[PDB]
Chemist: 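PDB structure, DNA polymerase beta holding lamivudine triphosphate.
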Amino acid sequence: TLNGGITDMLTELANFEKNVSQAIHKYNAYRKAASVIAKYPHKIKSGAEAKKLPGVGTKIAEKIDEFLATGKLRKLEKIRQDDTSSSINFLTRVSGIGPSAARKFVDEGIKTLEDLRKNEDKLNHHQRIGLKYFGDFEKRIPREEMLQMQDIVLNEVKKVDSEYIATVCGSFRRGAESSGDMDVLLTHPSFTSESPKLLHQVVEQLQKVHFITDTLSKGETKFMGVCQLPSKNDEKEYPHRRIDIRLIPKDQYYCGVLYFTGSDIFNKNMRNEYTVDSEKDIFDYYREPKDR
DNA sequence: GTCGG
DNA sequence: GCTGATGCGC
DNA sequence: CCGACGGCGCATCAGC
Ligand SMILES: Nc1ccn([C@@H]2CS[C@H](COP(=O)(O)OP(=O)(O)OP(=O)(O)O)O2)c(=O)n1
Ligand SMILES: *P(=O)(O)OC[C@@H]1O[C@H](n2ccc(N)nc2=O)CS1
Ligand SMILES: [Cl-]
Ligand code: NA
Ligand code: NA
Ligand code: NA
Ligand code: NA
Ligand code: NA
Ligand code: NA
């Protein structure tokens, strides 16, 4: 948190590059600079000090210098105040609204959530769901709720066919105290690298018990949607949550599990998601999810 | 925007 | 209607 | 100096 001013500034610039400029490589450059500075154990005093870090070059060093002198960046102040650029950047916070859709909406005078609400006919299915749960989607999920969600998923999965194997992956599997979403990996002995309706049946059951509430996409191997825990008589509704379910062939299942458990950095220096009869087999060259 | 061949 | 391209999320 | 900078499932578009 020592350089939060700088990292905040670089993330804001990254967002403008991705959402407004449509310059994905600059978005990534700014994000990489932000992340190396975030983990730097000193409070940065000059652009020159920052440049020493991989991913910080001449232009970001110059911006760091301006920020340290003035607590702001003229360029960033100007883009913030720009009605068009700030509106485009904002609308991409809606799931399903990317840089192209945001630009098209803003060019039509649709600039706010309110405007989106009045214009349901101009939104596709995903965007309508993104708008409906805009606030809920930006919330994190407490571990306590993830456990309750896990409970429902594993119960209903076994109920459909006791031969399914399902594992909730992500930071949750590593024992984290909160998650952004629920990631479920599903397999079945019948499904292998060369092999009916295995995903649909699970999705249908989870809908039957009113756990899955909406669908963003559903193909033969991947479901993306929305779920919600049940409430009671006089306790406030749980937020709606993002849930993904991936059907993976049995012989590739445990590579997927390794992958989708992470962490990202752990995967990187353990280094694909596809190609084994357990997590231990791959470890070869064993660490449990807690210490990954 | 940064890096490196 | 078909097929390959594009947008999007992650 | 100048090209690399990620891959893939699904929804939907754009070109015939
Ligand atoms: N951007 C990323 C993030 C994760 N990973 C890999 C594959 S999924 C595995 C575990 O991801 P985590 O759940 O720790 O990261 P998330 O960003 O989903 O944290 P949550 O907000 O907890 O959900 O790490 C990646 O390759 N690229
Ligand atoms: P989500 O943020 O839940 O991430 C989980 C998995 O990580 C992989 N991933 C994340 C981000 C990006 N940009 N690319 C990517 O492959 C797949 S989903
Ligand atoms: Cl770019
Ligand atoms: Na551009
Ligand atoms: Na550097
Ligand atoms: Na979006
Ligand atoms: Na977004
Ligand atoms: Na996640
Ligand atoms: Na597909």
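A, B, ... follow the sequence lines: proteins, then strands. Residue 1 opens every chain. We count ligands from 1, going down the list as the structure has it; atoms in each ligand are counted the same way.
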Chemist: Which ligand or chain identifiers match lamivudine triphosphate, all copies included?
Modeler: ligand 1
Chemist: State which other chains have a non-hydrogen atom nearer than 4.0 Å to lamivudine triphosphate (ligand 1).
Modeler: A
Chemist: Which UniProt-listed Na(+) binders in chain A sit within 4.0 Å of lamivudine triphosphate (ligand 1) (heavy-atom distance)?
Modeler: none
Chemist: Find all atoms of lamivudine triphosphate (ligand 1) within a distance of less than 4.0 Å from any non-hydrogen atom belonging to A:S179, and give their numbers and elements.
Modeler: 22 (O)
Chemist: Would you find the UniProt active-site residue of chain A that's nearest to lamivudine triphosphate (ligand 1) and tell me the heavy-atom distance to 1 Å?
Modeler: A:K63, 24 Å
Chemist: Which heavy atom of the protein is the closest neighbour of atom 3 (C) of lamivudine triphosphate (ligand 1), given with residue, atom name and distance?
Modeler: A:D264 OD2, 4.0 Å
Chemist: Under the 4.0 Å line, does any protein heavy atom show up next to atom 16 (P) of lamivudine triphosphate (ligand 1)?
Modeler: no
Chemist: Specify whether the nearest protein heavy atom to atom 19 (O) of lamivudine triphosphate (ligand 1) is under 4.0 angstrom away.
Modeler: no
Chemist: Which one holds for A:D183 and lamivudine triphosphate (ligand 1): side chain close, backbone close, both close, or neither close, with close meaning a heavy atom under 4.0 Å?
Modeler: neither
Chemist: Under 4.0 Å and counting heavy atoms only, is there anything from the protein next to atom 12 (P) of lamivudine triphosphate (ligand 1)?
Modeler: yes
Chemist: Going by a strict under-4.0 Å cutoff (protein heavy atoms only), does atom 27 (N) of lamivudine triphosphate (ligand 1) have a neighbour on the protein?
Modeler: yes
Chemist: Mind pulling out the UniProt dGTP-binding residues of chain A that sit under 4.0 Å from lamivudine triphosphate (ligand 1) by heavy-atom distance?
Modeler: A:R140, A:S171, A:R174, A:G180, A:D181
Chemist: Contact between lamivudine triphosphate (ligand 1) and A:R140 is defined here as a heavy atom of the residue under 4.0 Å from a ligand atom; is it met?
Modeler: yes
Chemist: Using a non-hydrogen cut-off of 4.0 Å, what is the binding site of lamivudine triphosphate (ligand 1)?
Modeler: A:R140, A:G170, A:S171, A:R174, A:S178, A:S179, A:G180, A:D181, A:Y259, A:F260, A:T261, A:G262, A:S263, A:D264, A:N267
